[PDB]
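Here's Beta-lactamase with avibactam (bound form) bound to it.
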Amino acid sequence: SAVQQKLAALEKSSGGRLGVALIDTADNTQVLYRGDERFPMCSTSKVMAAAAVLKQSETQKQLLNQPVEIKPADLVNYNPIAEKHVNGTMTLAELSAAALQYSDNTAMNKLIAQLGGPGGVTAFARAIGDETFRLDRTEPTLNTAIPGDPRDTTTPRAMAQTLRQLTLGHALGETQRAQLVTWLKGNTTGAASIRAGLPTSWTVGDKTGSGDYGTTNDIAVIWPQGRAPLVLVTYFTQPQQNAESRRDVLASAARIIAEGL
Ligand SMILES: *C(=O)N1C[C@H](NOS(=O)(=O)O)CC[C@H]1C(N)=O
């Protein structure tokens, strides 16, 4: 109840809409704030897409090594890794790593194309028991984050359960799960978000996202020192389209969640 009140006060002082889902896998206890409201996933959807290609690699041995042609025309709005390889090639493993750890949008589009389009990512979500996730568009338009728009959205509760199944459960094979966790732990973009609200001694693997309407997201699997892991989804979006990012709000939500643990 105190956590519910503090998250409501944080949201009230934030000027936006905050969604939080915590799963404590020590006892499966949950904490939800707007946990069943939809939020635009933005770059956090990349987790699903990479996991889906990892799932494909369970029945294609050499799929993650398969070269993919990077063309000049493939570049979109944020391609910090892919631009080095245009007119060249990247493997699907490199593309997955670039998408997850550097949030390369061209790499995400290559992952999406490897799955047959956004519906293939949604189909993977359905195949691992996620009924809420929907991916509808490619990069960059999946980040429009328009209020009330269900496209490219999920709920905090669904994303927390799914992230647990992908990183801690058995939605993926053991090697694929380990690769996904390795990728998440090497994220370069997460230090200002959930991780900033957690004690420094805790290991975090996470994927951030941001979009229009000041949309500021983070999804994390957290290994606290000396405790079983947590799954924490913090989604945040604001009323006006041009709003600035608010990673401090994600950090504050993580601090509130962390303090009740
Ligand atoms: C995903 O949210 N995006 C791709 C890339 N990464 O964002 S993050 O660094 O906040 O994870 C650029 C921002 C954003 C986008 N432009 O769509």
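Since chain A takes its numbers from the PDB entry, the residues it shows come out as 27-57, 59-238, 240-252, 254-290. Recorded method for this deposit: electron crystallography, 2.0 Å. Computed over heavy atoms, backbone and side chain alike; hydrogens, waters and symmetry mates excluded. Read the numbers this way: they start at 1 and go in the same order the structure lists the ligands and their atoms.
- Counting heavy atoms within 4.0 Å, the binding site of avibactam (bound form) comprises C69, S70, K73, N104, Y105, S130, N132, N170, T216, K234, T235, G236, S237.
- The distance from avibactam (bound form) to the heavy atoms of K234 drops below 4.0 Å at these ligand atoms: 11 (O).
- Considering backbone and side-chain atoms alike, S130 places an N or O below 3.5 Å from some N or O of avibactam (bound form).
- Structurally, the covalent attachment point of avibactam (bound form) is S70 OG.
- Entry annotation: chain A, source organism Escherichia coli.
- Among protein heavy atoms, the minimum distance from atom 14 (C) of avibactam (bound form) is reached at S237 O, 3.3 Å.
- For atom 8 (S) of avibactam (bound form), the closest non-hydrogen atom on the protein side is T235 OG1, 3.6 Å.
- Within avibactam (bound form), counting atoms from 1 as listed, the ones closer than 4.0 Å to a heavy atom of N132 are 4 (C).
- The distance from avibactam (bound form) to the heavy atoms of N104 drops below 4.0 Å at these ligand atoms: 16 (N).
- Annotation: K73 places no N or O atom under 3.5 Å from an N or O atom of avibactam (bound form); distance criterion only.
- Looking from atom 2 (O) of avibactam (bound form) to the surrounding protein, the closest heavy atom is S70 OG, 2.3 Å.
- Ligand-side atoms of avibactam (bound form) in range of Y105: 5 (C), 12 (C), range being under 4.0 angstrom from any heavy atom.
- The contact set between avibactam (bound form) and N170, taken as ligand atoms under 4.0 Å from a residue heavy atom, comprises 17 (O).
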List, pair by pair, the atoms of avibactam (bound form) and of the protein that are both N or O and lie under 3.5 Å apart, giving the separation rounded to 0.1 Å.
{"residue": "avibactam (bound form)", "atom": "2 (O)", "partner": "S70", "partner atom": "N", "Å": "3.0"}
{"residue": "avibactam (bound form)", "atom": "2 (O)", "partner": "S70", "partner atom": "OG", "Å": "2.3"}
{"residue": "avibactam (bound form)", "atom": "2 (O)", "partner": "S237", "partner atom": "N", "Å": "2.6"}
{"residue": "avibactam (bound form)", "atom": "2 (O)", "partner": "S237", "partner atom": "O", "Å": "3.0"}
{"residue": "avibactam (bound form)", "atom": "3 (N)", "partner": "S70", "partner atom": "OG", "Å": "2.3"}
{"residue": "avibactam (bound form)", "atom": "6 (N)", "partner": "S70", "partner atom": "OG", "Å": "3.4"}
{"residue": "avibactam (bound form)", "atom": "6 (N)", "partner": "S130", "partner atom": "OG", "Å": "2.7"}
{"residue": "avibactam (bound form)", "atom": "11 (O)", "partner": "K234", "partner atom": "NZ", "Å": "3.2"}
{"residue": "avibactam (bound form)", "atom": "11 (O)", "partner": "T235", "partner atom": "O", "Å": "3.0"}
{"residue": "avibactam (bound form)", "atom": "11 (O)", "partner": "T235", "partner atom": "OG1", "Å": "2.9"}
{"residue": "avibactam (bound form)", "atom": "16 (N)", "partner": "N104", "partner atom": "ND2", "Å": "3.3"}
{"residue": "avibactam (bound form)", "atom": "17 (O)", "partner": "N170", "partner atom": "OD1", "Å": "3.3"}
{"residue": "avibactam (bound form)", "atom": "17 (O)", "partner": "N170", "partner atom": "ND2", "Å": "2.9"}

